[PDB]
Participant: 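The structure's right below; bear with me while I get my questions together.
Protein chains get the first letters and strands the later ones, always in sequence-line order, with residue 1 at the start of each. If you check the header, you will see the structure was determined by X-ray crystallography, 2.6 Å. Reckoned from all heavy atoms, side chains included, excluding hydrogens, waters and symmetry mates.
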Amino acid sequence: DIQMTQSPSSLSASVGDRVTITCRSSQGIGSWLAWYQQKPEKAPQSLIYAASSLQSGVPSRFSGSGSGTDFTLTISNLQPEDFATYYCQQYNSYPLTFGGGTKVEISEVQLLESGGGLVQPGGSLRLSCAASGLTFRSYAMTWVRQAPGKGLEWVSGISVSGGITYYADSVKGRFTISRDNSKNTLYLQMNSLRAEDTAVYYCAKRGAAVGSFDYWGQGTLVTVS
Amino acid sequence: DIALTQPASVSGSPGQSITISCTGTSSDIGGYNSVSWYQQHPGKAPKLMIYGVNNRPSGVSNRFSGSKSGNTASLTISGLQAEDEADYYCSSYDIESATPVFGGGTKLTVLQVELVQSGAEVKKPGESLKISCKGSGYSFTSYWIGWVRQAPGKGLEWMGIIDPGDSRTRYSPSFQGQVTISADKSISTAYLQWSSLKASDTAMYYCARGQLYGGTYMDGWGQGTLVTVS
Amino acid sequence: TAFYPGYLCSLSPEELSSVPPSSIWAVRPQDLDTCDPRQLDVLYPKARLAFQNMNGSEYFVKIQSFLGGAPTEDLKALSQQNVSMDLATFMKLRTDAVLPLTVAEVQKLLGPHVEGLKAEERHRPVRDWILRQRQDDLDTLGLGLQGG
């Protein structure tokens, strides 16, 4: 597991200010780094991929720089809509890992998750994600979760074809990812659920087979106990 | 900037051959392949006829040809047609200032790639202005963007050049500190900017795409932005 | 005469032959702004020899500005040394040098910059390359590239 450290953890600024957020990796990750914005009670959005490339729609006043182990997100001319938590993520190697986040205080694609709810410990649940406004068939997909008060944790991923699946160690043998291209649907079968599996579960499209998470669904809450 | 000498006028009857000469120094025309030729018809953007002394872009007849001897390039037009009646400008790259230069122009009398600039502008002296130019149908970072102005009834001037990749920017000596050129790579857009307009800024402003080699090889041109200051 | 930055690329391909490979380290990216393809063909092999004792990230940073004159074989060789070439550098490569590359080789060349290849799918080098690839091979990149 590669460890991602963000500084500051918390930050208070005003409209017009320049904000500098640092991201450090425990190993070299080259340029395999993404930045994500999460606004209060909303799903994350892609800002940066490949360390410095702006995602389409993102204002120029966001810029990413660095490579190896040292990465920076600079927000010029801070606007009120920039009030959010900012996460970095390495996708150099599995498991895909996020930083603990930085609180800053002051779509043509649609992904709809469903099947969330309360489950008894040792119980089962199947999450669904209906993708629309894209050729579902031609993209790799992942599940990311967020424990209620905490940061982002990658769960599993599936290839374009569905032939190759990847899992985090905490869910291997319990969770199964699959796709039905005819239903434009991504599935997560969750077995032997534990209290620590409690989280908002997000559906995410990958920008490429080996790329960042470019589109996220609104999420579905799963509680266990 | 204007740093190369051409004759004011040249005349010929249909079917005849005419030659327009262009004279510079060892640090423009003298440099390897460092001459290109632009045709401008009334009310239209410049059009690249020749780059690299004698290279023709596809869609330019073999009737147009060019040669170079020391610090003097020449454009020959054989089998003259009425359509050839236009202004012709040589350009080179001045290695001293590291910017393109134009000739003063010659008037000839006969006896996928899309750049979209902002609409016309009507301003008062002392106001701000930002003109834009959006490229499409080509890799925006693979080509240099140039800004050319012609004041009414006057010749072409290179204002500056920008590499949209790294936003590396150079201005012609005469436009240094008068204007700001910039690029937004993500929306394939280049910009020209004044802090405080004067009456003398009244002109047509063209953006162009191309390479700095072949005496400045700019084969893609916007429709132009008219800027009136009164 | 020779004190100006445009001096190097004011010389013909024939004259540029005499430039010693031991000079290439001092040649800044600025000096290659006004260099045509025929000139980069002469300068690249001299850059190859001048930097060949270096490896990986350190080699790439030095050779980057000369890759315009690099043939296919050298791009294939470069893909094996997990160098992460940016899309802006890849889009300046000569068409003839890119076409024979495989899907696997282009993905290794670009690394995480492959994510931006969809936006360039109609533009000079990539378009030509896509038209020569089997659609089933393009599908594995996970970009929704079309026209194989």
Participant: Quick check: which of glenzocimab, zanidatamab, ligelizumab, anetumab is at chain B?
Facilitator: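 The drug at chain B is anetumab.
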Participant: Hey, quick one: which chain has the most contacts with anetumab (chain B) in this structure? I'd like the name as UniProt has it.
Facilitator: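 Most contacts go to Mesothelin, cleaved form.
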Participant: Hey, which other chains get a heavy atom under 4.5 Å from anetumab (chain B)?
Facilitator: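 Going by heavy atoms, that would be A, C.
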Participant: Identify every residue of chain C lying under 4.5 Å from anetumab (chain B), counting non-hydrogen atoms only.
Facilitator: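 On chain C, heavy atoms under 4.5 Å give C:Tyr4, C:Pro5, C:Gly6, C:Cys9, C:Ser10, C:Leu11, C:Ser12, C:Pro13, C:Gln30, C:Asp33, C:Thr34, C:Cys35, C:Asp36, C:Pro37, C:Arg38, C:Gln39, C:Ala88, C:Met91, C:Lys92, C:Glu120, C:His123.
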Participant: So, which residues of anetumab (chain B) reach chain C? I'd go with heavy-atom distances under 4.5 Å.
Facilitator: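 Counting heavy atoms, the paratope consists of B:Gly31, B:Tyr32, B:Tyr93, B:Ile95, B:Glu96, B:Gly137, B:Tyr138, B:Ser139, B:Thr141, B:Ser142, B:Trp144, B:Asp163, B:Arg168, B:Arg170, B:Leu212, B:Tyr213.
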Participant: Return the PDB molecule name for chain A, nothing more.
Facilitator: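 According to the entry, scFv of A12 anti-mesothelin antibody.
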